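Below, a PDB structure including acarbose.
To match the PDB entry, the residue numbers of chain A are left as they are there, and the shown ones run 1-101, 103-472. Atom set for the values below is all heavy atoms of this structure, side chains included, hydrogens, waters and symmetry mates excluded. Just follow the structure's listing: the first ligand is 1, and inside any ligand the first atom is 1.
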Amino acid sequence: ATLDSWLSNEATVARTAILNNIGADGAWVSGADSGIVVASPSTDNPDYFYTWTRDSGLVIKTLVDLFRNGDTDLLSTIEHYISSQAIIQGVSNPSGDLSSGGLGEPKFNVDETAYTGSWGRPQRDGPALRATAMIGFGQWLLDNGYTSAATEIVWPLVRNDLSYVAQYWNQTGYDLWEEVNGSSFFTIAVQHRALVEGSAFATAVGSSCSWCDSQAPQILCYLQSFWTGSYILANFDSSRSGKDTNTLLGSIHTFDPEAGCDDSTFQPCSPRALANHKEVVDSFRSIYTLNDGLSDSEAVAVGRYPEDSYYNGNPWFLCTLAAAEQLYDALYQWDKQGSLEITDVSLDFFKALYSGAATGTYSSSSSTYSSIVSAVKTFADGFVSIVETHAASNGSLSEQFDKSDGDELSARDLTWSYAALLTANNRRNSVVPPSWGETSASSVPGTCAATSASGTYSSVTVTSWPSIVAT
Ligand SMILES: *[C@@H]1O[C@H](CO)[C@@H](O[C@@H]2O[C@H](CO)[C@@H](O[C@@H]3O[C@H](CO[C@H]4O[C@H](CO[C@H]5O[C@H](CO)[C@@H](O)[C@H](O)[C@@H]5O)[C@@H](O)[C@H](O[C@H]5O[C@H](CO)[C@@H](O)[C@H](O)[C@@H]5O)[C@@H]4O)[C@@H](O)[C@H](O[C@H]4O[C@H](CO)[C@@H](O)[C@H](O)[C@@H]4O[C@H]4O[C@H](CO)[C@@H](O)[C@H](O)[C@@H]4O[C@H]4O[C@H](CO)[C@@H](O)[C@H](O)[C@@H]4O)[C@@H]3O)[C@H](O)[C@H]2NC(C)=O)[C@H](O)[C@H]1NC(C)=O
Ligand SMILES: *[C@@H]1O[C@H](CO)[C@@H](O[C@@H]2O[C@H](CO)[C@@H](O[C@@H]3O[C@H](CO)[C@@H](O)[C@H](O[C@H]4O[C@H](CO)[C@@H](O)[C@H](O)[C@@H]4O[C@H]4O[C@H](CO)[C@@H](O)[C@H](O)[C@@H]4O)[C@@H]3O)[C@H](O)[C@H]2NC(C)=O)[C@H](O)[C@H]1NC(C)=O
Ligand SMILES: C[C@H]1O[C@H](O[C@H]2[C@H](O)[C@@H](O)[C@@H](O[C@H]3[C@H](O)[C@@H](O)[C@@H](O)O[C@@H]3CO)O[C@@H]2CO)[C@H](O)[C@@H](O)[C@@H]1N[C@H]1C=C(CO)[C@@H](O)[C@H](O)[C@H]1O
Ligand SMILES: *[C@H]1O[C@H](CO)[C@@H](O)[C@H](O)[C@@H]1O
Ligand SMILES: *[C@H]1O[C@H](CO)[C@@H](O)[C@H](O)[C@@H]1O
Ligand SMILES: *[C@H]1O[C@H](CO)[C@@H](O)[C@H](O)[C@@H]1O
Ligand SMILES: *[C@H]1O[C@H](CO)[C@@H](O)[C@H](O)[C@@H]1O
Ligand SMILES: *[C@H]1O[C@H](CO)[C@@H](O)[C@H](O)[C@@H]1O
Ligand SMILES: *[C@H]1O[C@H](CO)[C@@H](O)[C@H](O)[C@@H]1O
Ligand SMILES: *[C@H]1O[C@H](CO)[C@@H](O)[C@H](O)[C@@H]1O
Ligand SMILES: *[C@H]1O[C@H](CO)[C@@H](O)[C@H](O)[C@@H]1O
Ligand SMILES: *[C@H]1O[C@H](CO)[C@@H](O)[C@H](O)[C@@H]1O
Ligand SMILES: *[C@H]1O[C@H](CO)[C@@H](O)[C@H](O)[C@@H]1O
């Protein structure tokens, strides 16, 4: 269709735009140091000309997956990023120093100096996301015989971030949207993931991560509290409803292609994640004029949370794409398992798309399976069409699009918007990320304990990168 062709061309635009936003050769961000991912080239109204640990980590993880799939030209970009982080980790900032909380700092100036003004800090999801991005490259390094780079450069940087996660996971902080000071689903979910793959990586380089091991099961134990019985609570200590795309992001970014539809880890096809998906998406159906007239079986423009007032509260490209990505992941999981199950928890999600839905197990060769996956694929593609409809003619994706007229607003050419497009497109094409070991990390302890474990901190100096040839 035109969606297919638009996506193929947009994926090329997205890759280029991301590179334009990374220093020190990025065309849109002169001033940014080497390997510094800038959130947006917008220097004013709003000023997003800074580097966020979260956006950077999410973007780099996307680039690492493309690289491992054959986009070898991204190698230098990844190396520069890792080199820049060795410096950033040691930058004394309002959150602290390397070993005293500095790693939880949300953003920095593009020249690698600390941002000293007031900001919602700390944001504990950053160290987890940065660790996950680096671990993926470290795995490639190990697999391709560059053991030294993995052991001496990557591992020590990762060890710092994992120590921060294990030490402070059970403390409040700001959510990914930088507004709620409390405890957040997305954050807890990505932290659990980071400790699990961090322990596997530590073992691989001949070291260990005892703190990853003791804390991961406890974080997972706590993660269960976010399920309300009908949807996933985005944050504790909040007065909002709790329906928030924060939860869809938590699911797609902790998706493991080897995982079943596990409720404990909220995988994309888990009854809990599907039930949550309908609750979150439905919360935007009546608040945006842009959604007027659409029925419940049709995709709609999705924002962050229904109570949002940032720029008056509008749909976001990355949030609308996350709604589609969770479904592409679920389709992949159902296909790989050879069946789909409908339970009392997920019945409403399915019934909205296929009125004949009934609880039961449906094999991939059954008529019901076929009807359901077709309906789900159409629904998912629907979200992507809404994005296509509001992107600029040359493919530019801003942070938000107007709730009434769909015009682009807020930060222009948002790097995260482009990475979200690349991942949704990949999943749509059944291109999945490497597994993180969910299959041996979904067991919940019988009793949850408020605890922590302190790891270790040590400053890393990147003397030089070996002549790595990636073919
Ligand atoms: C698809 O096509 C689109 C359209 O062409 C492409 O998007 C355009 O991309 C160009 C860059 O190639 C952008 O140029 C920059 O513009 C800003 C000013 O932007 C504001 O004003 C624009 C003009 O407004 C007026 O005209 C329009 C009609 O043309 C009219 O409608 C409007 O009412 C008004 O009359 C606006 O268009 C623009 O809006 C956009 O952004 C909004 C905010 O994000 C968003 O909400 C909107 O929806 C819209 O998207 C906005 O209001 C210039 O400031 C900027 O100049 C800097 O960069 C150039 C080099 O790139 C440099 O020569 C300048 O000296 C200056 O450099 C500073 O900033 C750089 C980073 O931006 C930095 O690297 C430099 O070192 C330097 O930084 C230092 O100083 C700053 C001072 O603030 C400081 O903060 C730093 O710390 C540091 O010390 C560019 O000229 C267009 O804005 C943009 N247009 C649109 C509509 O988006 C798109 O890229 C294409 N996509 C693809 C994939 O190809
Ligand atoms: C550190 O780790 C410990 C151990 O894991 C954490 O302790 C657990 O904390 C959770 C969350 O407080 C707690 O769960 C609550 O149990 C209560 C009953 O014992 C419930 O009343 C409470 O209900 C809320 O959550 C439900 C979903 O589970 C919602 O359906 C319900 O509407 C409630 O949500 C509203 O109210 C809360 C106030 O609790 C508010 O913050 C929300 O925004 C929302 O408005 C929870 O189920 C566990 O019992 C605790 N476990 C133990 C063993 O003590 C601790 O929270 C961690 N601390 C940090 C900072 O990480
Ligand atoms: C970029 C960021 O901007 C906004 O956040 C800041 C607010 O503008 C400030 O007002 C202040 O928010 C405080 C509230 O006013 C207060 O009522 C209470 O909620 O505490 C808040 C924190 O102290 O500071 C905010 C920064 O912490 C906007 O609300 C926020 O959502 C924006 N974040 C986006 C930007 C990027 C960069 O691409 C992403 O990393 C985030 O995920 C986006 O959500
Ligand atoms: C998640 O992982 C646990 C082990 O930690 C399994 O028991 C479960 O079946 C799933 O694979
Ligand atoms: C599954 O595994 C976890 C540890 O990962 C245990 O805590 C749980 O009791 C179950 O054996
Ligand atoms: C948190 O609590 C656990 C036990 O509940 C300890 O093992 C840990 O050292 C920390 O005190
Ligand atoms: C994390 O916090 C626990 C308390 O829950 C401490 O015992 C531990 O030393 C670390 O500081
Ligand atoms: C956590 O606590 C341990 C023991 O005090 C330290 O070694 C570590 O640096 C972190 O502060
Ligand atoms: C924690 O442990 C690391 C790795 O063993 C040390 O290098 C560091 O100094 C701290 O003692
Ligand atoms: C802690 O560990 C780092 C990474 O190996 C070293 O650079 C530092 O000198 C200290 O041994
Ligand atoms: C590790 O941390 C030190 C400061 O404690 C820095 O000088 C070094 O560049 C690295 O970031
Ligand atoms: C890397 O190593 C250098 C010394 O070669 C230190 O100055 C830096 O703090 C980091 O440990
Ligand atoms: C690169 O190698 C130098 C050799 O002196 C170290 O000092 C530095 O810590 C980095 O590992």
Query raised in the report: Across the whole structure, where does one find acarbose?
Result: ligand 3
Query raised in the report: According to the PDB entry, what is the name of the macromolecule sharing the most 4.5 Å contacts with acarbose (ligand 3)?
Result: glucoamylase-471
Query raised in the report: Which residue owns the protein heavy atom closest to atom 38 (O) of acarbose (ligand 3), what's the atom, and how far is it?
Result: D55 OD2, 2.8 Å
Query raised in the report: At a 4.0 Å cut-off, with the gap strictly under it, does some heavy atom of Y50 reach an atom of acarbose (ligand 3)?
Result: no
Query - Within-cut-off N or O pair, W178 and acarbose (ligand 3), under 3.5 Å - result: yes
Query raised in the report: Which residues that UniProt lists as binding substrate in chain A have a heavy atom under 4.0 Å from acarbose (ligand 3)?
Result: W120
Report task. Compute the shortest N/O to N/O distance between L415 and acarbose (ligand 3) and return yes if it is under 3.5 Å, no if not. Result -> no
Query raised in the report: Got the closest protein heavy atom to atom 41 (C) of acarbose (ligand 3), with its distance?
Result: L177 O, 3.5 Å
Query - Closest active-site residue (UniProt) of chain A to acarbose (ligand 3), heavy-atom, 1 Å - result: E179, 3 Å
Query raised in the report: Which protein non-hydrogen atom lies closest to atom 13 (C) of acarbose (ligand 3), naming both residue and atom, and how far is it?
Result: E179 O, 5.0 Å
Query - Heteroatom distance test (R54, acarbose (ligand 3)): nitrogen or oxygen, under 3.5 angstrom - result: yes
Query - Proximity to acarbose (ligand 3) by part of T416, non-hydrogen separation under 4.0 Å - result: neither
Report task. Would you mind checking which non-hydrogen protein atom is closest to atom 44 (O) of acarbose (ligand 3), with the distance to 0.1 Å? Result -> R305 NH1, 3.0 Å
Query raised in the report: So which heavy atom in the protein is nearest atom 20 (O) of acarbose (ligand 3), and how far is it from that ligand atom?
Result: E180 O, 3.6 Å
Requested in this report: Kindly identify the option in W317, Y311, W52, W417 whose heavy atom sits closest to atom 43 (C) of acarbose (ligand 3).
Outcome: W317
Query raised in the report: If you draw a 4.0 Å sphere around every atom of acarbose (ligand 3), which residues of other chains have a heavy atom inside it?
Result: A39, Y48, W52, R54, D55, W120, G121, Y175, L177, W178, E179, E180, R305, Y311, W317, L415, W417
Table of N or O contacts for acarbose (ligand 3), cutoff 3.5 Å:
| from | atom 1 | to | atom 2 | distance (Å) |
| --- | --- | --- | --- | --- |
| acarbose (ligand 3) | 19 (O) | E180 | O | 2.8 |
| acarbose (ligand 3) | 27 (O) | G121 | N | 2.8 |
| acarbose (ligand 3) | 27 (O) | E179 | O | 2.9 |
| acarbose (ligand 3) | 29 (O) | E180 | OE2 | 2.7 |
| acarbose (ligand 3) | 31 (O) | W178 | O | 2.7 |
| acarbose (ligand 3) | 31 (O) | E180 | OE2 | 3.1 |
| acarbose (ligand 3) | 31 (O) | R305 | NH1 | 2.7 |
| acarbose (ligand 3) | 33 (N) | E179 | OE1 | 2.7 |
| acarbose (ligand 3) | 38 (O) | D55 | OD2 | 2.8 |
| acarbose (ligand 3) | 40 (O) | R54 | NE | 3.1 |
| acarbose (ligand 3) | 40 (O) | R54 | NH2 | 2.9 |
| acarbose (ligand 3) | 40 (O) | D55 | OD1 | 2.8 |
| acarbose (ligand 3) | 42 (O) | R54 | NE | 3.4 |
| acarbose (ligand 3) | 42 (O) | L177 | O | 2.7 |
| acarbose (ligand 3) | 44 (O) | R305 | NH1 | 3.0 |

